[PDB]
Peer 1: 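My questions all concern the structure below.
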Amino acid sequence: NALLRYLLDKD
Amino acid sequence: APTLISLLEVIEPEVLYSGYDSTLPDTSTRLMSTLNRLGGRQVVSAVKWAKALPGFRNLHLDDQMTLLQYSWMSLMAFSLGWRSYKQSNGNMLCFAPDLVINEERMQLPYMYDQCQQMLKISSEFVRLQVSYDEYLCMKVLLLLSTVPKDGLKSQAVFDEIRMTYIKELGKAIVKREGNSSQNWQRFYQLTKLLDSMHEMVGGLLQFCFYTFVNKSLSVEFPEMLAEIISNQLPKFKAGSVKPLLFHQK
Ligand SMILES: C[C@@H]1C[C@H]2[C@@H]3CCC4=CC(=O)C=C[C@]4(C)[C@@]3(F)[C@@H](O)C[C@]2(C)[C@@]1(O)C(=O)CO
């Protein structure tokens, strides 16, 4: 789930 | 030091514009493709919103992921219900300020039944005259309302977070009515609304799974929505999801 994982780590 | 509700108020994402071009005419395929493309962007917003919820980041990162995938539709239908309630007292679906479906516009054969389903959510907001703060607390509770049967990896943090927002829902009730000793009826009515969201959303989830899988309808989904749905499809079909209900039905 590449995109969901990205959004949860971002920032 | 200001209140958790005031924080909830601040971190609420602004309504997105769809950019739907009404100069080309309405079709079932076009409308649904547009709604999904919008929903993808709304879910992105929702991830950023959840990350700002005090407590949420204490959860294990698989749990954060799971809750978001399990509840995204009810999150989105609830906000849709709210926007439609404020915009037109539930007479219209306000997907976006440039994408408003009125009675006349829902008359498309394949759209009609899904609109009736979304319309009942907002009619609950009308029937109960939900206040903004009540809506905000309920919405976080929705994020925390659907779980795997095998449970979560940080179950105890999860239980503590649920308690926090249940109390917070209590404070919303107080701000609205004052210190009435019938605030207990209201709490009751509001948890019953939350419970009824599983049923109301189930119909929307069926449409969504159906249109995602039966691609002969040509309905487009953005990558954000595709990732979640294709991940959730086999779980819901394997009957492996547990809805949390406040009252045994
Ligand atoms: C009936 C279902 C339920 C619909 C969703 C209901 C909630 C919602 C509210 C919005 O403000 C924007 C998009 C969404 C998130 C949505 F409207 C679209 O995604 C299209 C959707 C999945 C649906 O219409 C389809 O399956 C069409 O393919």
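Chain letters run A, B, ... following the sequence lines, proteins first and then strands; every chain starts at 1. According to its header, this structure was worked out by X-ray crystallography, 2.5 Å. Order of appearance sets the numbers: ligands from 1, and atoms from 1 within every ligand.
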Peer 1: Mind telling me the name of the drug at ligand 1?
Peer 2: dexamethasone
Peer 1: Looking at contacts alone, what is the main macromolecule next to dexamethasone (ligand 1), by its name in the PDB entry?
Peer 2: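 The largest contact partner is Glucocorticoid receptor 2.
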Peer 1: Which other polymer chains sit within a heavy-atom distance below 4.0 Å of dexamethasone (ligand 1)?
Peer 2: B
Peer 1: Side chain, backbone, both or neither: which applies to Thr211(B) and dexamethasone (ligand 1) if a contact is any heavy-atom pair less than 4.0 Å apart?
Peer 2: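 The answer is the side chain.
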Peer 1: Could you list the atoms of dexamethasone (ligand 1) found under 4.0 angstrom from a heavy atom of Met32(B)?
Peer 2: 27 (C), 28 (O)
Peer 1: Please report whether dexamethasone (ligand 1) has a polar contact with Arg83(B), defined as an N or O pair separated by less than 3.5 Å (distance criterion only).
Peer 2: yes
Peer 1: What protein heavy atom is closest to atom 7 (C) of dexamethasone (ligand 1), reported as residue, atom name and distance in Å?
Peer 2: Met76(B) CB, 3.9 Å
Peer 1: Among protein heavy atoms, which sits nearest to atom 20 (C) of dexamethasone (ligand 1), and what does the distance come to when rounded to 0.1 Å?
Peer 2: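 Checking every protein heavy atom, the shortest distance to atom 20 (C) of dexamethasone (ligand 1) gives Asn36(B) OD1, 3.1 Å.
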Peer 1: Is dexamethasone (ligand 1) under 4.0 Å from a heavy atom in the side chain of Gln42(B), in the backbone, in both, or in neither?
Peer 2: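 Side chain only; the backbone of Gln42(B) stays clear of dexamethasone (ligand 1).
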Peer 1: Side chain, backbone, both or neither: which part of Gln114(B) comes within less than 4.0 Å of dexamethasone (ligand 1) when only heavy atoms are counted?
Peer 2: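 Contact part for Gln114(B) vs dexamethasone (ligand 1): side chain (C-beta onward).
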Peer 1: Please compare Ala46(B), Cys208(B), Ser84(B) and report which has the shortest non-hydrogen distance to atom 26 (O) of dexamethasone (ligand 1).
Peer 2: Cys208(B)
Peer 1: Taking only heavy atoms of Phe207(B) into account, list the atoms of dexamethasone (ligand 1) that are under 4.0 Å away from them.
Peer 2: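 Every atom of dexamethasone (ligand 1) under 4.0 Å from some heavy atom of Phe207(B): 1 (C), 26 (O).
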Peer 1: For dexamethasone (ligand 1), is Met73(B) a contact, meaning one of its heavy atoms is under 4.0 Å away?
Peer 2: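 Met73(B): in contact with dexamethasone (ligand 1) (<4.0 Å).
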Peer 1: Which of the numbered atoms in dexamethasone (ligand 1) are below 4.0 angstrom from a heavy atom of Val219(B)?
Peer 2: 28 (O)
Peer 1: Among all protein heavy atoms, pick the one closest to atom 13 (C) of dexamethasone (ligand 1) and tell me residue, atom and distance.
Peer 2: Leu35(B) O, 3.3 Å
Peer 1: Starting from atom 2 (C) of dexamethasone (ligand 1), which protein heavy atom do you reach first, and at what distance in Å?
Peer 2: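 The answer is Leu204(B) O, 3.9 Å.
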Peer 1: In the protein, what heavy atom is nearest to atom 4 (C) of dexamethasone (ligand 1), and what distance, to one decimal place, separates them?
Peer 2: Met118(B) CE, 4.1 Å
Peer 1: Starting from atom 17 (F) of dexamethasone (ligand 1), which protein heavy atom do you reach first, and at what distance in Å?
Peer 2: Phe95(B) CE2, 3.3 Å
Peer 1: Which other-chain residues have at least one non-hydrogen atom less than 4.0 Å from dexamethasone (ligand 1)?
Peer 2: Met32(B), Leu35(B), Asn36(B), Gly39(B), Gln42(B), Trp72(B), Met73(B), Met76(B), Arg83(B), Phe95(B), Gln114(B), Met118(B), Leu204(B), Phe207(B), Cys208(B), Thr211(B), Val219(B)
